**Student:** 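In this model we see propofol bound to Proton-gated ion channel.
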Amino acid sequence: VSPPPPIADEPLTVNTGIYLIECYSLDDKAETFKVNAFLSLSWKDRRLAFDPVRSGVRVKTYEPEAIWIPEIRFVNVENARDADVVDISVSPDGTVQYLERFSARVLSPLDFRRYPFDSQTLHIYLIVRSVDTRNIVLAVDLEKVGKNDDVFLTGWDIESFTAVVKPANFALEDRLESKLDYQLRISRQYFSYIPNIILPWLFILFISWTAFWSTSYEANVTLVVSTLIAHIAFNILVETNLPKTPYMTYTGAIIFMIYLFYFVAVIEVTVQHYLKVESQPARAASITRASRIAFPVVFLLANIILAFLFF
Amino acid sequence: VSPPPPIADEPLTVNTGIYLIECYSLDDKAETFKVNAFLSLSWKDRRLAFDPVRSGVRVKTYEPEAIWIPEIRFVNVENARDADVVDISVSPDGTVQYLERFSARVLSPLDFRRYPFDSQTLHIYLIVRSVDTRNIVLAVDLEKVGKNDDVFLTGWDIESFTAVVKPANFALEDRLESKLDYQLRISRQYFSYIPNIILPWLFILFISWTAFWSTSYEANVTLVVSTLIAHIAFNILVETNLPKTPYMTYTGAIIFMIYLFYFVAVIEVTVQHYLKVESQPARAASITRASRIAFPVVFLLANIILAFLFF
Amino acid sequence: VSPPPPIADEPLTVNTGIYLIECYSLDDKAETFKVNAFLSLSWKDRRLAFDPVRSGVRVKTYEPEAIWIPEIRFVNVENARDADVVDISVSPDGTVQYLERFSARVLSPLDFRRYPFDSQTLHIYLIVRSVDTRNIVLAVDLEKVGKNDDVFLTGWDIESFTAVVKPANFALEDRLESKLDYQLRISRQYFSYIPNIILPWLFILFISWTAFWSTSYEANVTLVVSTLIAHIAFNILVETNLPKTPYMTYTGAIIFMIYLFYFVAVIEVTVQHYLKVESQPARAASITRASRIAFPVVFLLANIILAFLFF
Amino acid sequence: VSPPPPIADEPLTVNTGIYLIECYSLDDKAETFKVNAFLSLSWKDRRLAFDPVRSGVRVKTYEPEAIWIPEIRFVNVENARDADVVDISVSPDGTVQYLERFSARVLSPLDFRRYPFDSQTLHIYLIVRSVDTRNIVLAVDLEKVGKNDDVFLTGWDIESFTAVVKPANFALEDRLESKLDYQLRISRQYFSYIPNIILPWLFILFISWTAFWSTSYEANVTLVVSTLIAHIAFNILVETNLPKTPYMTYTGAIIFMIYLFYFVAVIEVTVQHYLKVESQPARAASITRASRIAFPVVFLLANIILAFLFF
Amino acid sequence: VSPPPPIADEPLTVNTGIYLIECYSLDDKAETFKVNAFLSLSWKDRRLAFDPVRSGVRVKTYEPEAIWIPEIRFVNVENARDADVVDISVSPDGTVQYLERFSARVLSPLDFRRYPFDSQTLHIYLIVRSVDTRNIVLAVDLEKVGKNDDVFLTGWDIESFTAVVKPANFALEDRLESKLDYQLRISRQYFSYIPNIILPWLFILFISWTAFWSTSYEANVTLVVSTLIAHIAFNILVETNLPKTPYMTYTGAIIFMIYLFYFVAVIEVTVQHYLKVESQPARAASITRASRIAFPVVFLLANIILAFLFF
Ligand SMILES: CC(C)c1cccc(C(C)C)c1O
Ligand SMILES: CC(C)c1cccc(C(C)C)c1O
Ligand SMILES: CC(C)c1cccc(C(C)C)c1O
Ligand SMILES: CC(C)c1cccc(C(C)C)c1O
Ligand SMILES: [Cl-]
Ligand SMILES: [Cl-]
Ligand SMILES: [Cl-]
Ligand SMILES: [Cl-]
Ligand SMILES: [Cl-]
Ligand SMILES: [Cl-]
Ligand SMILES: [Cl-]
Ligand code: NA
Ligand code: NA
Ligand code: NA
Ligand code: NA
Ligand code: NA
Ligand code: NA
């Protein structure tokens, strides 16, 4: 077996097509997602052409080893796909219709800048190295590109599974390579985040702000310090499900901002007490009365400023 | 090897049948379950038919490679099943009786809306792509569908393992596909949840409500704040064993409701103290006396409201 | 290759024998254990019989593919065993002596009712599906059943590795199956549990009971509440190493009982303070003086009651 | 292929030799370590002997399948080694020189009695089951036993990789087996343990002992109780990296001893307060003044007693 | 198949070349990184010479099994690489051009001394054992050494992927070995570390230092002790992502230094209170006033001293 000879000096076009059957295990920290899909391939091999009237049969079936099949690989994969050949059908003109069912862990980076309101574009790159005899070029057969209705990615909404029709043909190690981009657009389901993380956080922060309606230093310390323990607990819980980004994220910004609001609250609590011990509660109550309005107002404005900057 | 030619122009019926040997590893967060089972297949291949009189033997055994076997796959699987062919027996009329023993991690979504008092219907989808020569249609042989008595799924009660007799025949990538549904009904064992999680929770919440029989702000802060740490501990413990649902769960609802009861308790504790410092304990004791009855009554009613909305 | 023809109509007896080489990875939560062992098999195949005088050799060696070997499988396994054929020796009478070295993760349920003073009986089920030609029946060759002396299962004491000599012959999917039970009795090493978990727990509980020799509500709250945080820490630590049981466990019972002792201690602390504020320390000191004796006495008796009910 | 016939009735000696290339993943809890090494084997097969003059070549290379190779296995392995045959060279006298490169997870128990100042002797057991024709006996070729200089086991110092020259020849299932011991001596790098675990622990314990220079029960409770939370945190951190030992460990002993020092400190704090409330601070200050010296002195002596008993 | 005979008595030069396609999963604790790359190999096999006029092709293709291919292995790998042969092209002179696509988890040690401002040099060692017929020597073909632009290692900046052109030819087990070094230089992205870890637990440390503007022992204990709980939380979080180093790390040094600052702060708080109780607040306030300046100044200087010693 060797590649099919060219009629003129034109390159061999291979008609790709990925159809998602199962989409699962999107690891955010690892920036990986598992996929079980159908891989369709089609090319013209004139050596396999036959007369349908004399042969009697309209379509001829072949075993993978019997005929020449292009060596198609995935770029962004951890290991080589677990492929199972479904069918190889040859038309009278010599057009081969290959179909396999594969499974592979795909390495696709994620942008956590707008987390957990973020949307992602997952990539699946198909590639083919051109042989010495002739050059191989990939093509998208839009009829054979899609996903099944049941396909569910836990905690995400699957928008579209499209493919960049024009391949990126480039030189690599003195040989031509044709690369195709399969884009899977997904948007995060941010419902759960509000009653489970966002609201209980705010509640623990508001509990700290009750120290503005108290003159008891001992109780204020117990309030602001203990609520900070709850803050650390919640901060650790989030950053464990997120990778170390060289960029600032929307959550990371708020997370950091709350740490400042706790530090400044401690300073307030410390100042309030220092003045009361120094016998000037007129100054202490005026600062505390200001902080009653200041802390939520500045927090509300700073959040608007952040949400802007990020959205 | 090629498919058996049709008498007439009727499609090939393949008689399926799954018999569960082992059912284990139900990952709730991953929405997967592992299964070790028997897969029975039966079809008529007239090319394999023989006369039992001259042959001598009533049955004829074959190696998988020797005869045509339909390419049967599972839809909702992570990877291709680890199958081991047990037996291939051919009757004189040409009826093939295939039997294999497989193991596969099955991707079946779970509805956590009524967790941990929830029940689930696990699915196992059998599929076959129809060849060019003739169309392949799946069928359920109810005699060969079941589970062994020992089959145990830790923390669950196995109700029934049935199969939707009528296959879902549809078109996919210009070829017919016959899909069968194997339903495994299971209900959660919610015993452990009461003494381990539900009761100790309530106890830590009741401990926070002892602040209604105390006028000591320092002790009340220490009461309501520290019990909130215990609440956060138990909240994190539950939501780690559950995936991020776009829908509200029965547990999630109570979990959120307790966070409110803690926030309102802090407001009470703050108000009670503010009035005492402002020299009006008549107002403070009246609010505290009301909260002694209010907090459990509202909590008891709100739980009935939630349980009614979910069950 | 086909099964050996039966003299008269008797079933084929296959002489099994498992010899444990390595026993490791007992996952309590998963109810699984890994095993590396020897699997011996012996049957009479009269077609392989020879004369030792003319052949010169007393024993004839064969490759697995060359002769008929019975399809022996394990029932309670996650996946098919990783077997390596050690030796196949044939005697002049046609008696085949098969020996393989395998490794498989065995699914054996555990009874945590008496944890950590519990003992377990691990099972390894050998099975053989009877062919059309003749019925296959398993048998135990007690000479080839055992374990090596070095075999160590971390945190457990290996009592005995025996086998139920009489197989459980039953019908399944219109074919006979012969099932054998290999029992591995193990008892837990409960030393570590006393100084690491049992005693430090008791210490944190006794620390809470020092609130019976104190009239300071602020200090009593700090005592009983903070020690409850330590209790939650230790409770979480244990239930993470144990699966969700539909039955009550010995540990789970004590775990729950301590939660009650903490709740009742809070009620005492609350009552004591309420009476002191209400100006009646005669009633408060009398209740506290009673609780000094009551709490350890009731705890000691309730533990005897539990230990009696469980052992 | 069959074993080489004996000249006289002597057993076949196979010259073993393990050369470590990579040594990694020492799991303390699992009592396993991974190894990537060279396995050399040498035996005399007179059937393969040739004349170097007539043949023209002084050495003959063979494919594994072409010649008889002894079935060498590892005793203490999870699964069969991932071997790759490097070279098979035959000398004119029939001496075969086999060399393979393998990788296997080795099951070697560890003695945690002196942890983290403990040293371990890791074992790699080579075995061969004697065939019918003749008995196979293993031998150490010390020239082919070693490790590469780069070989690094994270957190350990590799002392020596030696082999017990005399094999342990024994009977098993009526056949002789020759077992060889390959010992890898390693000692723990206990540096990190001092500034990371040992010193911060002591610091949190000394912080608890500041309650001996205070008469404030409320502050003393806050001191001894909160520092106990830090103790529990640090105790859990260590015992998670260590398996459940039926024997007492050096760390476990100290860990338990500190729990007692916390319990006794609480009793002191409780007694001190009881006497002050009972109006006798002369008795309370005398006990507290004694405890200032008693606690560190008894702790320092008890540690010397333990270190002696263990080292 | 055997090695190609030498023209004169020169060794066989094999032209290596690694081209990284995917670089992922850098486990810091395990000191491993996964890589998906192209492995190019080129050697002259004069036996494979052909006349393109007679052959009909200028470049002849071969299956791996058909021709002699050098046994190239990786030194620092966990297991044998998952290789897939892309192309084998032979020119009329007999120059073989081998290309495979592999994936392997590479064992490369990391120096955590300057963590997280540390840079690393990852190694990939190619090796070939010389056969008895002739010696094999590796060579770098710099044209076929590189990485793709998309190659992303999460949390790291990929500097350069170079190769030490001169191989390390040495003797091992009486045979020559040619070893090549492939160096992948990477530097850590230390941005995330500042707002997520560095700043929040400078904030928790400063919160403890507010005890210098307070004379309330009860509040000071609650301050310094509770902030120490936050410190322990943050210490455990870091050392879990780092392996046990026999050397001191930059982070480990600061981590330890903060533990001292907490211990000394407790001593201050204890001394301050002892003098107040002993009726000498002039001495107590003077020490506290000094500590207000002392603690940040000493901390700032000690950090400069550490940063100088490490960088
Ligand atoms: C991860 C998620 C639950 C989360 C927590 C805290 C804050 C935010 C936003 C609102 C900034 C958030 O997205
Ligand atoms: C999921 C489970 C552990 C749980 C947590 C919280 C509340 C409930 C019910 C009782 C409302 C619950 O069952
Ligand atoms: C799980 C383990 C640490 C444990 C905790 C509590 C009680 C017990 C026995 C005595 C029932 C126990 O072994
Ligand atoms: C591990 C990392 C987040 C970290 C913790 C604490 C201190 C430092 C530097 C500032 C020394 C640090 O880099
Ligand atoms: Cl691929
Ligand atoms: Cl499948
Ligand atoms: Cl099996
Ligand atoms: Cl092995
Ligand atoms: Cl013996
Ligand atoms: Cl023998
Ligand atoms: Cl390799
Ligand atoms: Na082919
Ligand atoms: Na077939
Ligand atoms: Na066979
Ligand atoms: Na061989
Ligand atoms: Na080859
Ligand atoms: Na407190």
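Naming convention: chains lettered A, B, ... in sequence-line order (proteins, then strands); numbering from 1 in each chain. According to its header, this structure was worked out by X-ray crystallography, 3.5 Å. Read the numbers this way: they start at 1 and go in the same order the structure lists the ligands and their atoms. Computed from heavy atoms alone, side chains included, the values below leave out hydrogens, waters and symmetry copies.
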**Student:** By ligand number or chain letter, where is each copy of propofol?
**Tutor:** ligands 1, 2, 3 and 4
**Student:** Which other chains are heavy-atom neighbours of propofol (ligand 3) at a cut-off of 4.0 Å?
**Tutor:**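 Chains with a heavy atom that near propofol (ligand 3): C.
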**Student:** Okay, using a heavy-atom cut-off of 4.0 Å, which transmembrane segments of chain C touch propofol (ligand 3)? I'm counting from the N terminus per UniProt.
**Tutor:** 1, 2, 3
**Student:** I'm curious which residues sit within 4.0 Å of propofol (ligand 3), going by heavy atoms - can you tell me?
**Tutor:**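 Sure - by heavy atoms, that gives C:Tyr115, C:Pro116, C:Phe117, C:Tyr193, C:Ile197, C:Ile198, C:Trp201, C:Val238, C:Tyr250, C:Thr251, C:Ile254.
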